[PDB]
Trainee: 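This is the structure I have questions about; it appears just below.
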Amino acid sequence: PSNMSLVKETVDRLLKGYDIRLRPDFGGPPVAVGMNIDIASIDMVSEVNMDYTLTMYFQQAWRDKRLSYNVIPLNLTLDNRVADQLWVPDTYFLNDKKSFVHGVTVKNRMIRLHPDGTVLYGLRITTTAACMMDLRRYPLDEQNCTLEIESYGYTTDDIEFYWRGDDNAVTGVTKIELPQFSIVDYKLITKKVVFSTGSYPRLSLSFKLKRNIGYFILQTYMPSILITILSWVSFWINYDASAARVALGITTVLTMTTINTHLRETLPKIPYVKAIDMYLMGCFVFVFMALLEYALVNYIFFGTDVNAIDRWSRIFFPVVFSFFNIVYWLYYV
Amino acid sequence: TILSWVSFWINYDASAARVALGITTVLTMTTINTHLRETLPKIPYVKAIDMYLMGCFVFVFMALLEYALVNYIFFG
Amino acid sequence: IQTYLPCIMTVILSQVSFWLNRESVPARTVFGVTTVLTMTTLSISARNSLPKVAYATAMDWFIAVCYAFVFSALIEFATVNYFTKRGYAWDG
Ligand SMILES: *[C@@H]1O[C@H](CO)[C@@H](O[C@@H]2O[C@H](CO)[C@@H](O[C@@H]3O[C@H](CO[C@H]4O[C@H](CO)[C@@H](O)[C@H](O)[C@@H]4O)[C@@H](O)[C@H](O[C@H]4O[C@H](CO)[C@@H](O)[C@H](O)[C@@H]4O)[C@@H]3O)[C@H](O)[C@H]2NC(C)=O)[C@H](O)[C@H]1NC(C)=O
Ligand SMILES: *[C@@H]1O[C@H](CO)[C@@H](O[C@@H]2O[C@H](CO)[C@@H](O[C@@H]3O[C@H](CO[C@H]4O[C@H](CO)[C@@H](O)[C@H](O)[C@@H]4O)[C@@H](O)[C@H](O[C@H]4O[C@H](CO)[C@@H](O)[C@H](O)[C@@H]4O)[C@@H]3O)[C@H](O)[C@H]2NC(C)=O)[C@H](O)[C@H]1NC(C)=O
Ligand SMILES: *[C@@H]1O[C@H](CO)[C@@H](O[C@@H]2O[C@H](CO)[C@@H](O[C@@H]3O[C@H](CO[C@H]4O[C@H](CO)[C@@H](O)[C@H](O)[C@@H]4O)[C@@H](O)[C@H](O[C@H]4O[C@H](CO)[C@@H](O)[C@H](O)[C@@H]4O)[C@@H]3O)[C@H](O)[C@H]2NC(C)=O)[C@H](O)[C@H]1NC(C)=O
Ligand SMILES: CCCCCCCC/C=C/CCCCCCCC(=O)O[C@@H](COC(=O)CCCCCCCCCCCCCCC)COP(=O)([O-])OCC[N+](C)(C)C
Ligand SMILES: CC(=O)[C@H]1CC[C@H]2[C@@H]3CC[C@H]4C[C@H](O)CC[C@]4(C)[C@H]3CC[C@]12C
Ligand SMILES: CC(=O)[C@H]1CC[C@H]2[C@@H]3CC[C@H]4C[C@H](O)CC[C@]4(C)[C@H]3CC[C@]12C
Ligand SMILES: CCCCCCCCCCCC
Ligand SMILES: CCCCCCCCCCCC
Ligand SMILES: CCCCCCCCCCCC
Ligand SMILES: CCCCCCCCCCCC
Ligand SMILES: CCCCCCCCCCCC
Ligand SMILES: CCCCCCCCCCCC
Ligand SMILES: CCCCCCCCCCCC
Ligand SMILES: CCCCCCCCCCCC
Ligand SMILES: CCCCCCCCCCCC
Ligand SMILES: CCCCCCCC
Ligand SMILES: CCCCCCCC
Ligand SMILES: CCCCCCCC
């Protein structure tokens, strides 16, 4: 128990007369605050809220002469509550919408004082960071979502940020398994953002997510392709069968527009036209033209050659649809 | 289920009519069942409402197969 | 009773069209189109329960096979109608 008393005396000395209101090297050079992330998971990448939920082990390391000790050789890992008695950088995520440090069992914090004065301060943070997504090529789109770590109150004359370990500062991104996304790349940037109050350091952790297209084949593309192929069946029914061909046509057209509306209602009310919208409207053109082809057939007959029109449609509709698919997929993939 | 039975008073030589009526009735039975079950949790057993909906589905499907049987006895 | 039974019932519905006379073009056509549309909406609804996983689940394969069955039932009716040499059906 003697070493316990020695460590108690050392920590009591460290916290005695400690001005939490004053940063390290106050009235001096900016304190270098290194950072390193451990991405626990990326979840809830939702375009309706234009955000993504990021769970991470956010570590910051900074020198502090006031927290330097030399009697004890080992590194003191203190109870997390001591973080309330220590100066910590006032970092924030500029695009954060709703964040929290995890609660159970205790506050998910780590404080580790090293003999040289280095403070390793870690948090387990779940942050719903805002990511404004460009859905013009959705679902065949790459989204560049960022986390903007910045010092709120301290300018570059009072604090500096750097990725501790350079490109090795952020880890665990590869092990992330998003349901409908693939994280093809991630990048770390150090900037100096200027506001009217001064110039502040900035760390930008940017993930370039790539959306997986397999699910959208199952739910979005294949049903509409099948409905178009079904609408092509009306060309194989003789022109006299008005009820059958008209029912086939209107059922296909209405189901197409219903599919488009149902899919677009889930997504946000973005004004521009997406890639899925482009494909759905293109196939709506095909099915509506099938219905209008029967309309032309009926008018031309009632109001040999009509069999010619029906036969030419019977082969040109799949060919033109296949060329539409060629152009669309070549442009977007 | 009541309007499924009006197919029986329709003329036998009205396939486009009776078939459409029975199809609409059975598909609506399926839609009602799914809409009711969506509100409830993913409960893995049949409830009383479930068993009544299933019985009425069996009845409307039987009416549709009654027209099928009449058509196959007359034509086929 | 939410996906598998509806899919089996719509497949058996599409297989009712085979017992209707070939001349009833509107009836078998509405049979096929309604079964196909029901299969489409069932496929769309089934995916809504689980996440947007890229791969296909066993439910997806069962739905795909049922979709192939109903689509082929309509294609079969179209083939029958192609060789339907007369419009008027049996009488007397
Ligand atoms: C209390 O805490 C301190 C600080 O962490 C510990 O001291 C450090 O222990 C680490 C062990 O991980 C040492 O790191 C190793 O240093 C080797 C020499 O590097 C020199 O040069 C670098 C240049 O930046 C200096 O930062 C460093 O201090 C040294 O002067 C490297 O060769 C090692 O590289 C690799 O090592 C293994 C594989 O061998 C890998 O697993 C590593 O990830 C790494 O890739 C490694 O970096 C470090 O030298 C120690 N001193 C420091 C940081 O000043 C104490 O041990 C700890 N005391 C306890 C726990 O009782
Ligand atoms: C936003 O985020 C900030 C983070 O900085 C939060 O601010 C901290 O909030 C916590 C919780 O409210 C504060 O913790 C409080 O510390 C007080 C001082 O503790 C010292 O002194 C006492 C004796 O006076 C010692 O016992 C202790 O060990 C320290 O040496 C305590 O007096 C407070 O006690 C209250 O809570 C306890 C919980 O067990 C009760 O039992 C008590 O009866 C009493 O109600 C409390 O522990 C902390 O000081 C705040 N600042 C910092 C820098 O951490 C904000 O709360 C959060 N939200 C908002 C809206 O700002
Ligand atoms: C997600 O999207 C964000 C957009 O916000 C991207 O972040 C930007 O990335 C770009 C490119 O990485 C940054 O732009 C510049 O990067 C340079 C990298 O070095 C190259 O260029 C220099 C100069 O041409 C070459 O000498 C060198 O060999 C490399 O080829 C930096 O060097 C740049 O900094 C310099 O220019 C600026 C502006 O002139 C000066 O202020 C600096 O002092 C310095 O002289 C510059 O940073 C850009 O900074 C990033 N942030 C933005 C735009 O806010 C992400 O990369 C992207 N991520 C993914 C995964 O897609
Ligand atoms: C360039 C490459 C582009 C690539 C795309 C390829 C596009 C090309 C595809 C074009 C469509 C193929 C039909 C072309 C011929 C139609 C005309 C015709 O009627 O011909 C004949 C019948 O027609 C047949 O022989 C039927 C063969 C096609 C049936 C395929 C069904 C399979 C469904 C699978 C779907 C499952 C969906 C799976 C999900 C994905 C006979 O015609 P006729 O009546 O006797 O008149 C001629 C006689 N006269 C000359 C005297 C007048
Ligand atoms: C002669 C002929 O082929 C007929 C066959 C089908 C007809 C179209 C149907 C839809 C109509 C909507 C509005 O009434 C405007 C005219 C409109 C586009 C029509 C133009 C003439 C068509 C093509
Ligand atoms: C002869 C006769 O009465 C006809 C009238 C209607 C027909 C049924 C329709 C549905 C079918 C689904 C599958 O094709 C398996 C067989 C299946 C149950 C058929 C059995 C024979 C029936 C009853
Ligand atoms: C601004 C983009 C408008 C796109 C309109 C739909 C295009 C469909 C083409 C169908 C070709 C047959
Ligand atoms: C964005 C301005 C309106 C663009 C309209 C394009 C319409 C093309 C439709 C072609 C279908 C035959
Ligand atoms: C709006 C009318 C659509 C008609 C489409 C006909 C396609 C084939 C044309 C062949 C002409 C001989
Ligand atoms: C798509 C435009 C078709 C124009 C056809 C003109 C028909 C004129 C009436 C005489 C034959 C029906
Ligand atoms: C019969 C051909 C129909 C269109 C085929 C789709 C082509 C997909 C290209 C994907 C990009 C590599
Ligand atoms: C990368 C995804 C490629 C999907 C291509 C689908 C092509 C369907 C063509 C249907 C033509 C009838
Ligand atoms: C497992 C419980 C069975 C659910 C379906 C009940 C159908 C019975 C009623 C049929 C009346 C003809
Ligand atoms: C909902 C997605 C269904 C995909 C299955 C495709 C079925 C192809 C039909 C083949 C008929 C011969
Ligand atoms: C291409 C869309 C499906 C068409 C199915 C009809 C096939 C008819 C075959 C009988 C003619 C030989
Ligand atoms: C488990 C009982 C099913 C009853 C089915 C009635 C005839 C289709
Ligand atoms: C109920 C189906 C079997 C009997 C049909 C009528 C006689 C072939
Ligand atoms: C567990 C019983 C399932 C019944 C499936 C319906 C067969 C026509």
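Residue numbering restarts at 1 for every chain, and letters A, B, ... go by the order of the sequence lines. If you're wondering, the header gives electron microscopy, 2.7 Å. Be aware that this covers only part of the deposited structure, with contacts counted strictly within it. Both counts, for ligands and for their atoms, begin at 1 and track the order of listing. Computation of the quantities below employed the complete heavy-atom set of this structure, encompassing side-chain atoms and omitting hydrogens, waters and symmetry-equivalent molecules.
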Trainee: Quick check: which of brexanolone, alphaxalone, vadadustat is at ligand 6?
Mentor: brexanolone
Trainee: Count heavy-atom pairs within 4.5 Å of brexanolone (ligand 6) for each chain, then name the one with the most as UniProt does.
Mentor: Gamma-aminobutyric acid receptor subunit alpha-1
Trainee: In this structure, which other chains have a heavy atom at a distance under 4.0 Å from brexanolone (ligand 6)?
Mentor: B, C
Trainee: Counting from 1, what brexanolone (ligand 6) atoms have a heavy atom of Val16(C) closer than 4.0 Å?
Mentor: 9 (C), 10 (C)
Trainee: List brexanolone (ligand 6) atoms under 4.0 Å from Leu65(B), heavy atoms only on the residue side.
Mentor: 9 (C)
Trainee: Short check: is a protein heavy atom less than 4.0 Å from atom 10 (C) of brexanolone (ligand 6)?
Mentor: yes
Trainee: State the atoms of brexanolone (ligand 6), each with its element, that fall below the 4.0 Å cut-off from a heavy-atom position in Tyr72(B).
Mentor: 1 (C)
Trainee: What protein heavy atom lies closest to atom 13 (C) of brexanolone (ligand 6)? Include the residue and the distance to one decimal.
Mentor: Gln15(C) OE1, 3.3 Å
Trainee: Starting from atom 20 (C) of brexanolone (ligand 6), what is the nearest protein heavy atom, named by residue and atom, and what distance separates them?
Mentor: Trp19(C) CZ2, 4.1 Å
Trainee: Give the single entry among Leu64(B), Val70(B), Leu69(B) that approaches atom 2 (C) of brexanolone (ligand 6) most closely by any heavy atom.
Mentor: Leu69(B)
Trainee: Could you find the nearest protein heavy atom to atom 6 (C) of brexanolone (ligand 6) and give me its residue, atom name and distance?
Mentor: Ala68(B) CB, 3.6 Å
Trainee: Which name does this PDB record use for chain B?
Mentor: Gamma-aminobutyric acid receptor subunit beta-2
Trainee: Which species does the PDB give for chain C?
Mentor: Mus musculus
Trainee: Considering the heavy atoms of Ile12(C), write down every atom of brexanolone (ligand 6) situated less than 4.0 Å from one of them.
Mentor: 12 (C), 13 (C)
Trainee: Name every other-chain residue that has a non-hydrogen atom under 4.0 Å from brexanolone (ligand 6).
Mentor: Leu65(B), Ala68(B), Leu69(B), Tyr72(B), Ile12(C), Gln15(C), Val16(C), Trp19(C)
